[PDB]
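Below, a PDB structure including batimastat.
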Amino acid sequence: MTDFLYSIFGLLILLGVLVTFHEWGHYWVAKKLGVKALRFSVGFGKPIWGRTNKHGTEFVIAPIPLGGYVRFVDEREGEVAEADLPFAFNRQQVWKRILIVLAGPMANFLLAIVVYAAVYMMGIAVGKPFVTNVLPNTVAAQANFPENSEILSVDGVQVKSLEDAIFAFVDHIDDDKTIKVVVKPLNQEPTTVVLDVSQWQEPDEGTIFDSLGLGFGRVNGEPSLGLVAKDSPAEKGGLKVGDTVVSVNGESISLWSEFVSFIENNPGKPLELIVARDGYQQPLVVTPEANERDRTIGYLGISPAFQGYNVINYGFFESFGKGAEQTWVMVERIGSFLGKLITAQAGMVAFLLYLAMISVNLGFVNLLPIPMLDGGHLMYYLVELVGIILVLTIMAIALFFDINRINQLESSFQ
Ligand SMILES: CNC(=O)[C@H](Cc1ccccc1)NC(=O)[C@H](CC(C)C)[C@H](CSc1cccs1)C(=O)NO
Ligand SMILES: [Zn+2]
């Protein structure tokens, strides 16, 4: 029953964070400009939390966080004496109101940045760039590319995912004559393969990998077990962690794929195998079980030894830049979605990605010209109507980059 409890708790956390940070961007742009706010309400329904600070702002929280507001001072909405008169929203300049109404929608964006900057720093799980099929009679076939191996790097440029591999390939195809690929076969030390890409020009229609002959797929390896679950057919059959299956039903195997082939295709029927346990060839008998999602598939309850995924660690400002990139990508995605009108992760990381995506979506939808919205006001001021610093900032950051590389050459031989 924790399903509903947990999903509702997560949804409330997400909505509360988003609305609170939108209204907090509003209130912060108000406070850092002299425009004193009046009320800071978050959510819909019956207020439960109401606090007044030093000035007089009334922070109010509500249980239904489908939208909030920050009310300021208007001569039609209220009236304050000369004590706080030049701090009213309508009395202020029309120039400050542009930054005031833009505080919220940008804030969401900023939030996404941070959130993305938080997930690229810690790490993220991606699929290994694993070649499983070498096409006959292609460029990778002339080089005798190792069928079944994990791509480590292309032209020295290290790759830790599939998109990295395709980018490193596309970038260096028509830039020089050949391409060196560092790749690791199974049970072997890493080795380099040279691809002659001089004669081949471009294929107007076709996968850029099939043009070279690189078929990708699942990661493979030895039939060694890394995990065995409790109350699993493997545990009852005597399979242990560290066992290497040598043969199944007389037929010797050499890959995890053959073992899963024997497992999935024979549910409920016992398989007599021989495994290499601690340098000892030992016979076992295990009976696969009918899978829960598909009784056609046989289920044994084992996980392979070899590592399947990769984790990408990023620094500080590199992660900030990647987060800005992903936020802009989300912006373009929701833009195309609106134009239509007219990946296994590791825990809460997926929830943070969903939070950032929904933040981008909210900052985009509330920045459109609609009746009562921030974008409505930004359009209201748009169709109603410095550089020294602009150059000095780029000058300063260029000097910083140069000095940082100077220190990098020394403080940071064959
Ligand atoms: C999910 N709710 C929304 O997206 C609505 C507008 C809307 C409703 C339905 C469908 C599409 C859009 N936006 C807001 O609530 C803004 C705050 C959000 C960004 C946290 C809010 C708009 S003002 C008011 C809305 C309701 C009473 S007062 C704002 O800008 N405060 O500074
Ligand atoms: Zn707003």
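Note that chain A is numbered according to the PDB entry, with residues 1-342, 364-406, 423-449, 455-456 shown in order. Counting starts at 1 for both ligands and their atoms, in listed order.
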Help me out: which ligand numbers or chain letters belong to batimastat?
ligand 1
Could you tell me which macromolecule makes the most contacts with batimastat here? Its name in the PDB entry would be great.
Zinc metalloprotease
Any idea what organism chain A is from, going by the entry?
Kangiella koreensis DSM 16069
Ligand/ion neighbours of batimastat at under 4.0 Å
ligand 2 (zinc ion)
State which residues lie within 4.0 Å of batimastat, judged on heavy atoms.
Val19, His22, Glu23, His26, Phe44, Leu66, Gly67, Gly68, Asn387, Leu394, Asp395
